[PDB]
Chemist: 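Have a look at the structure that comes next, please.
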Amino acid sequence: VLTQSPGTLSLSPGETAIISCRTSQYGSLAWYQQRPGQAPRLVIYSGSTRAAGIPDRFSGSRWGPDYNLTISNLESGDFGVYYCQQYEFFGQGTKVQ
Amino acid sequence: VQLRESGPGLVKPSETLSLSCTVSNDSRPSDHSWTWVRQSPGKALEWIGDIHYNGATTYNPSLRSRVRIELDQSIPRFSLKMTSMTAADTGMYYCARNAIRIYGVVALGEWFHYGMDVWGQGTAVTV
Amino acid sequence: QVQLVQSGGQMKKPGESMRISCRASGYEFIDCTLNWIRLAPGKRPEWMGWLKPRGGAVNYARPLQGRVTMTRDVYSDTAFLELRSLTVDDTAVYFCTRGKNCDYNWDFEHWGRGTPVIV
Amino acid sequence: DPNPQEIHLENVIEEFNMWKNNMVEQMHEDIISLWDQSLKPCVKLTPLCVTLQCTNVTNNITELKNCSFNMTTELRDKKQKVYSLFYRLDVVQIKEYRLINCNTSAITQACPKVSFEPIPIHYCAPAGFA
Amino acid sequence: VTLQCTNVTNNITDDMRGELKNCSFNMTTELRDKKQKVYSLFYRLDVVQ
Amino acid sequence: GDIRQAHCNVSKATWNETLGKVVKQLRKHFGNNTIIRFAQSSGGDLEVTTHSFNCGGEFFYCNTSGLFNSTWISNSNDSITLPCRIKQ
Amino acid sequence: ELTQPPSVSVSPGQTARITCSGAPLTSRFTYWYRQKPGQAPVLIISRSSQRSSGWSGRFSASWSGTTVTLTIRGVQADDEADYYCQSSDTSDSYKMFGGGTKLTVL
Ligand SMILES: *[C@@H]1O[C@H](CO)[C@@H](O[C@@H]2O[C@H](CO)[C@@H](O[C@@H]3O[C@H](CO[C@H]4O[C@H](CO[C@H]5O[C@H](CO)[C@@H](O)[C@H](O)[C@@H]5O)[C@@H](O)[C@H](O[C@H]5O[C@H](CO)[C@@H](O)[C@H](O)[C@@H]5O[C@H]5O[C@H](CO)[C@@H](O)[C@H](O)[C@@H]5O)[C@@H]4O)[C@@H](O)[C@H](O[C@H]4O[C@H](CO)[C@@H](O)[C@H](O)[C@@H]4O[C@H]4O[C@H](CO)[C@@H](O)[C@H](O)[C@@H]4O[C@H]4O[C@H](CO)[C@@H](O)[C@H](O)[C@@H]4O)[C@@H]3O)[C@H](O)[C@H]2NC(C)=O)[C@H](O)[C@H]1NC(C)=O
Ligand SMILES: *[C@@H]1O[C@H](CO)[C@@H](O[C@@H]2O[C@H](CO)[C@@H](O[C@@H]3O[C@H](CO)[C@@H](O)[C@H](O[C@H]4O[C@H](CO)[C@@H](O)[C@H](O)[C@@H]4O[C@H]4O[C@H](CO)[C@@H](O)[C@H](O)[C@@H]4O[C@H]4O[C@H](CO)[C@@H](O)[C@H](O)[C@@H]4O)[C@@H]3O)[C@H](O)[C@H]2NC(C)=O)[C@H](O)[C@H]1NC(C)=O
Ligand SMILES: *[C@@H]1O[C@H](CO)[C@@H](O[C@@H]2O[C@H](CO)[C@@H](O[C@@H]3O[C@H](CO[C@H]4O[C@H](CO)[C@@H](O)[C@H](O)[C@@H]4O)[C@@H](O)[C@H](O[C@H]4O[C@H](CO)[C@@H](O)[C@H](O)[C@@H]4O)[C@@H]3O)[C@H](O)[C@H]2NC(C)=O)[C@H](O)[C@H]1NC(C)=O
Ligand SMILES: *[C@@H]1O[C@H](CO)[C@@H](O[C@@H]2O[C@H](CO)[C@@H](O)[C@H](O)[C@H]2NC(C)=O)[C@H](O)[C@H]1NC(C)=O
Ligand SMILES: *[C@@H]1O[C@H](CO)[C@@H](O[C@@H]2O[C@H](CO)[C@@H](O)[C@H](O)[C@H]2NC(C)=O)[C@H](O)[C@H]1NC(C)=O
Ligand SMILES: *[C@@H]1O[C@H](CO)[C@@H](O)[C@H](O)[C@H]1NC(C)=O
Ligand SMILES: *[C@@H]1O[C@H](CO)[C@@H](O)[C@H](O)[C@H]1NC(C)=O
Ligand SMILES: *[C@@H]1O[C@H](CO)[C@@H](O)[C@H](O)[C@H]1NC(C)=O
Ligand SMILES: *[C@@H]1O[C@H](CO)[C@@H](O)[C@H](O)[C@H]1NC(C)=O
Ligand SMILES: *[C@@H]1O[C@H](CO)[C@@H](O)[C@H](O)[C@H]1NC(C)=O
Ligand SMILES: *[C@@H]1O[C@H](CO)[C@@H](O)[C@H](O)[C@H]1NC(C)=O
Ligand SMILES: *[C@@H]1O[C@H](CO)[C@@H](O)[C@H](O)[C@H]1NC(C)=O
Ligand SMILES: *[C@@H]1O[C@H](CO)[C@@H](O)[C@H](O)[C@H]1NC(C)=O
């Protein structure tokens with residue numbers, strides 16, 4: 001039903017990472033970040049709206065079935081595994097190190 | 001109500017012995033559990049089994065494997081077949097009616113037994 | 001302020017049952033839906049079910065139906081996730097989660113600490 | 001008194017949304033308020049939270065619990081033994097039982113003379129609205 | 001209700017500080033018939049002989 | 001008199017027809033090749049696991065598992081009796 | 001499975017107490033039959049209502065714990081017979097019959 005294309009992105013600090021996502025049904029896609037050890041935290045909701053307290057580097061969406069998260073200026077608080085979300089459906093999630 | 005019971009009477013060991021019971025002058029036979037009982041000479045009554053018009057049937061454990069009941073409902077004919085009978089399994093056999101009272105909705109299990117009020121005179125069977 | 005507090009560290013064998021509590025505080029406990037998420041390395045996140053702790057209404061996920069029960073104590077403000085016939089593939093970390101607002105349920109903003117379960 | 005003053009609006013297309021209709025919340029609030037208002041002026045059944053000695057009603061040979069208890073009466077210094085029948089859903093163990101909600105809340109008896117039959121109620125918009 | 005109060009337990013004759021008093025009483029419970037003895041430290045300004 | 005269970009009847013044929021209509025209207029939304037199944041309420045308090053009546057001044061909580069159940073494949077004087085528990 | 005005395009002896013003016021005990025009797029009703037040699041059993045005591053009430057003036061019974069006692073007053077010589085207790089199990093799958101108590105008249 002839902003999937004994420006990139007498996008793992010071995011990027012250095014300061015580089016911009018792209019994480020694509022494909023949904024076969026209409027739904028409000030949301031993006032979550034899971035750091036090592038910490039619980040997940042909401043990053044994007046309703047497709048592209050930014051959650052409160054999230055830095056401005058996070059954005060990215062499209063009208064079509066394909067969405068993608070842009071994450072520029074990778075820093076220590078970045079990295080971990082990023083998950084897609086639909087109405088109770090989740091993707092594999094892409095790990096950024 | 002009259003329960004006229006009949007059968008071969010004399011059978012050899014290790015084949016099937018069959019009994020029949022005709023129900024006469026009962027209005028609405030479908031509301032009662034039709035039962036078979038046996039009694040060896042000098043021993044207590046032994047319950048064989050019973051059957052209801054809805055298809056539910058029941059037996060005595062450790063004997064149920066050798067026994068089976070039929071009940072033709074078009075003409076209320078009440079039949080028993082008991083296989084693998086031994087020489088010691090003799091005595092009197094009686095067909096009987098366990099009348100059932102309904103006091104509420106039968107679908108909810110709201111009934112009870114009035115006991116085996118009507119009995120047939122039975123048949124003495126030697127094996 | 002919204003806070004969800006769990007108790008974890010359970011160590012179980014195959015076939016045993018488990019119960020995880022989730023105390024909610026800050027928001028009115030009886031006016032917002034809770035959800036139970038399962039996370040693990042390798043396999044995808046899995047949704048366990050949602051609980052509406054006013055009428056106690058529950059919805060379970062299809063793979064878990066018949067194995068997972070949810071309860072709510074409205075006087076302790078505590079949800080409970082009970083799982084039966086726990087097996088090796090259920091080794092995972094369990095979250096008690098709440099949406100960003102009480103109108104749309106799937107914007108999981110408020111997550112608990114996490115409940116490791118090692119089978 | 002009057003007939004329904006229904007005026008058709010030819011060639012008007014209006015966007016409806018039931019799931020954000022405030023009429024629903026207003027009805028819910030009003031109905032709860034009427035419920036509380038009707039329940040308020042009658043018995044409070046605070047004395048009824050007592051230890052009940054309850055047995056099965058049985059079939060006389062071997063859903064409902066036949067409960068007995070020492071209740072208060074008109075006079076403060078007198079008590080009376082009361083036998084009653086409760087449903088098993090209303091009664092919880094502490095044989096000795098109690099009522100289900102006596103450790104949680106005070107149960108207010110529904111006033112004997114008020115009937116719970118629903119009656120039609122119309123909601124009318126105030127002047128300046130429609 | 002009538003409280004039987006004692007000075008707070010210093011374990012010896014040491015002076016009680018804040019004038020806390022042990023102040024047991026009988027009290028009620030959810031069931032009307034039963035009663036539950038309760039021990040509760042009350043400040044001396046709150047309690048009168 | 002005798003102690004008997006409070007119960008509620010719904011016509012079986014009418015209810016089956018109603019579920020057929022509802023299944024058609026749901027298949028209009030989910031697809032014409034799907035399987036639509038019904039089941040009893042999966043949990044909660046007595047108010048949500050049962051159907052609540054407040055009639056005649058008395059409150060009933062009826063087990064609706066008889067009305068639901070059965071599966072619909074894409075392709076009478078017979079009543080469904082629901083036990084009802086009363087709560088004061 | 002269903003235990004009752006082998007026999008009891010009573011005078012014409014005495015009341016016989018034919019006891020019958022068993023685990024399934026703690027929850028189920030008991031039906032009492034009388035049998036004479038050759039003749040089929042006839043129903044004596046049964047269940048005519050959910051909540052029991054009075055019965056015939058003779059052949060009464062009383063329940064206690066797991067044991068039910070058949071009280072028969074006004075016993076005469078014609079009552080010499082084998083009395084049987086019958087009862088369903090706790091699951092209502094099968095019926096139990098007693099070993100029979102031979103009531104004799106002194
Ligand atoms: C939802 O839909 C469901 C269905 O899906 C529906 O469920 C239905 O509910 C009703 C509720 O009323 C339920 O009816 C019960 O039926 C019981 C048995 O039926 C007897 O009556 C019918 C019809 O009666 C006709 O005649 C009446 C005469 O007054 C009249 O009032 C009626 O309107 C009607 O015209 C009858 O057909 C039966 O036939 C047997 O008996 C006849 C007697 O002559 C005989 O001709 C027949 O052949 C047949 O007899 C056979 O079996 C006997 C066994 O002994 C044999 O001897 C014969 O040879 C035959 O083989 C029945 O007579 C009945 O028990 C219920 O009535 C009880 O409850 C009411 C409460 O008001 C009492 O007033 C009654 O007295 C009675 O209670 C007595 O009996 C019960 C059980 O015996 C005891 O527990 C009670 O304590 C009490 O006993 C007292 O008296 C007796 C002596 O009578 C005494 O011995 C005791 O010691 C004690 O003193 C009741 O009518 C119906 O079955 C049910 N349907 C199904 C399919 O289950 C729901 O209602 C629906 N819900 C909604 C909301 O819509
Ligand atoms: C959802 O839908 C599905 C179908 O899509 C439903 O499954 C169906 O469930 C039916 C029951 O609800 C079931 O019918 C049963 O089938 C068998 C056929 O062999 C039979 O056991 C059942 O009949 C017994 O049980 C009913 C229950 O009330 C009794 O009314 C009936 O008399 C039978 O009980 C008697 O016989 C049993 C053994 O034969 C005894 O254990 C029992 O104690 C009782 O005793 C009789 O004899 C005694 C003499 O000793 C006497 O005292 C007593 O009075 C009795 O005469 C019943 O017909 C369907 O087969 C099944 N269908 C499928 C396709 O699986 C499912 O339930 C639905 N779910 C819900 C939640 O509603
Ligand atoms: C459940 O709730 C969700 C939101 O939470 C709703 O999802 C929205 O659904 C609506 C339709 O009901 C969507 O709107 C439509 O989106 C399409 C976007 O298409 C893109 O991709 C294609 C490539 O396949 C491109 O061709 C296209 O340019 C876009 O890039 C369009 O197909 C639709 O536009 C058409 O209709 C509009 C109607 O006004 C016209 O103006 C256009 O010209 C064109 O004909 C339309 O915009 C919307 O995007 C969804 N939003 C989400 C997922 O956030 C679900 O509908 C709702 N479900 C139910 C059952 O209520
Ligand atoms: C509930 O219990 C009471 C107390 O046992 C029952 O009333 C008594 O019934 C006995 C006979 O069983 C009488 O001898 C007593 O005099 C009755 N007591 C009183 C105070 O009236 C009562 O019948 C029971 N209720 C039910 C429905 O079984
Ligand atoms: C009444 O509803 C209850 C649930 O509220 C049903 O109980 C379950 O029924 C299923 C199907 O028969 C059984 O597999 C479960 O074991 C039952 N649960 C428990 C806890 O025992 C019940 O069957 C319903 N009654 C009827 C007559 O349909
Ligand atoms: C059937 O029995 C009834 C009494 O129940 C009696 O009046 C009738 O004559 C009998 N009929 C036959 C054919 O024996
Ligand atoms: C009442 O019936 C229940 C049925 O489960 C039984 O456990 C209980 O012991 C009964 N109580 C009495 C007092 O007989
Ligand atoms: C219970 O049975 C006895 C006889 O054993 C009878 O006298 C008594 O009235 C019955 N009780 C009720 C409440 O019907
Ligand atoms: C009522 O009080 C008396 C006081 O002697 C006591 O014996 C009795 O058990 C009490 N009854 C109940 C039902 O608690
Ligand atoms: C009241 O008692 C019940 C008994 O089951 C218990 O579950 C419940 O928690 C109690 N209520 C409160 C508010 O503690
Ligand atoms: C408690 O202490 C006071 C001094 O504050 C002293 O006078 C009094 O006797 C003491 N009372 C008891 C009961 O020890
Ligand atoms: C509490 O009540 C009991 C009842 O026996 C009484 O004897 C006792 O003195 C009371 N205790 C206190 C501390 O007042
Ligand atoms: C009660 O409902 C049943 C459902 O089958 C129906 O047949 C019957 O006519 C109804 N009775 C009344 C009086 O409406």
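A note on names: the letters A, B, ... follow the listed sequences, proteins ahead of strands, and every chain is numbered from 1. Per the header of the entry, the method used was electron microscopy, 3.5 Å. Only part shown; contacts counted inside that part.
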Chemist: Which chain is the chief contact partner of chains A and C here, under the naming of the PDB entry?
Modeler: Envelope glycoprotein gp160
Chemist: For chains A and C, what drug is listed?
Modeler: VRC01
Chemist: Please list, by chain letter, the other chains with any heavy atom under 4.5 Å from VRC01 (chains A and C).
Modeler: D, F
Chemist: Any idea which chain of VRC01 (chains A and C) has the most heavy-atom pairs with chain F at under 4.5 Å?
Modeler: chain C
Chemist: Which residues of chain F form the epitope of VRC01 (chains A and C), using a heavy-atom cut-off of 4.5 Å?
Modeler: F:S42, F:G43, F:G44, F:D45, F:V48
Chemist: Just need the list: residues of VRC01 (chains A and C) within 4.5 Å of chain F, heavy atom to heavy atom.
Modeler: C:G55, C:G56, C:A57, C:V58, C:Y60, C:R72
